[PDB]
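Caption: PDB structure containing batimastat.
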Amino acid sequence: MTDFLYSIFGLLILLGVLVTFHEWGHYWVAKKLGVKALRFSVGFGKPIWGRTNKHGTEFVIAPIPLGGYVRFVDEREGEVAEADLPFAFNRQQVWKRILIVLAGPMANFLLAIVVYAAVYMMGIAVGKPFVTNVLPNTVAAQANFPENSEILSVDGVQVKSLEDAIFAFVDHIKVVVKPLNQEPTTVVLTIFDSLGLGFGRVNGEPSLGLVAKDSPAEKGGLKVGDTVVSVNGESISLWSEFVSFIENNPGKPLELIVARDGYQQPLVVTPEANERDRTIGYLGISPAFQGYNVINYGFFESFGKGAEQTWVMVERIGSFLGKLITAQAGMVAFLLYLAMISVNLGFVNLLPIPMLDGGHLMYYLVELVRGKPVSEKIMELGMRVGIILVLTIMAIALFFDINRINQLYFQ
Ligand SMILES: CNC(=O)[C@H](Cc1ccccc1)NC(=O)[C@H](CC(C)C)[C@H](CSc1cccs1)C(=O)NO
Ligand SMILES: [Zn+2]
């Protein structure tokens, strides 16, 4: 049992990171506001780690990470020394404790955002928008689209994915597409059925780019750079024909002729079918052409797009809650799952449940409502906050127009 190790390792890392950042949001906001923390507990069970801060805060860690808390100085929960009252939770104005309670979920969302922004820089793999077929008597039929072609830029905006293609087609007709062999063309032009286009697997030359070790292709003599010119005496021209011959012949020997180093090499390969379905042949090769696009982002935009993705996630959670009442493998997927679980936690722990942060939010909101000893004061902040807004959004609005100058008739 070795997969168990990495699995529970990722589980513990995810849970620890989420709980630790929630409690650290609570702790750091309370500390910056002037509230002294008494205990910083992460996980349930018996303490496996324990250390006292210079401010008497006891950070403790237990081995079952399913929750945690941050206990502050509070007269409602115990005796407070006369010299510690100015650092007590309850001795602060109501808005301070409101922000302290709100800090947790916010923290979660914040983490989500940054994690999303972290995976938008590393590069995300999407599927190439490869038009496999064209329909008759459609808008694309008169325009004569290419059989097997890849979209490059529709109506000006450069797209590298299918979802991006449909989002551009609903954003707004010029279509720059790349067919096999010949160069890009701006064709004089599901949802694509309105136009007469169909998507599918990418096609190309029967050239080899990868050959797995100890595979039937490697044992038969296939090498990288080989271009299969014929299978069983029949000449082929597309990678799809090659994979057709491979799948249709599980265990039967195929006699290939490949173009290699300027000459022609004859080979023999016996593709073997896998365990899940011993009806589809397989020998272990990859096409020399790519079928993946790599979406990259600048981090100054990756942050905003991760925020938008978190908003999409929380609206999805809202839809799911109202109803209730591509593959980019690697660690990059683990980080996405971690951020999604973080969003789930930041949503669920904000529900007006008595012992959760939402219940505390409700309690301090009704306490603020009951406590109205001054007028025209609540309005005062109402401007002093907005000022900051109309200042900070100004600063960026300045900096934005500053960064466009730093960039800037050849033909
Ligand atoms: C997966 N665990 C949770 O989501 C629970 C609540 C819960 C349990 C079961 C079902 C649904 C929700 N949340 C928390 O433990 C919060 C910290 C999490 C967000 C890291 C915690 C809520 S209070 C307390 C929990 C235990 C003792 S005191 C908090 O706000 N600290 O600042
Ligand atoms: Zn909390």
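All chain A residue numbers match the PDB entry; in order, they span 1-172, 179-195, 207-342, 364-446, 454-456. Numbering of ligands and ligand atoms starts at 1, following listing order. Atoms considered below: every heavy atom in the structure, side chains included; atoms not considered: hydrogens, waters and symmetry mates. Header entry for method reads X-ray crystallography, 3.1 Å.
- Location of batimastat, all copies: ligand 1.
- The largest share of close contacts with batimastat (ligand 1) comes from the chain named in the PDB entry as Anti sigma-E protein, RseA.
- Among the ligands and ions shown, the others lying under 4.0 Å from batimastat (ligand 1) are ligand 2 (zinc ion).
- The structure places no covalent bond from batimastat (ligand 1) onto a chain.
- Binding site of batimastat (ligand 1) at 4.0 Å (heavy atoms): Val19, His22, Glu23, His26, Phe44, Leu66, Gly67, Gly68, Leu383, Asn387, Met393, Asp395.
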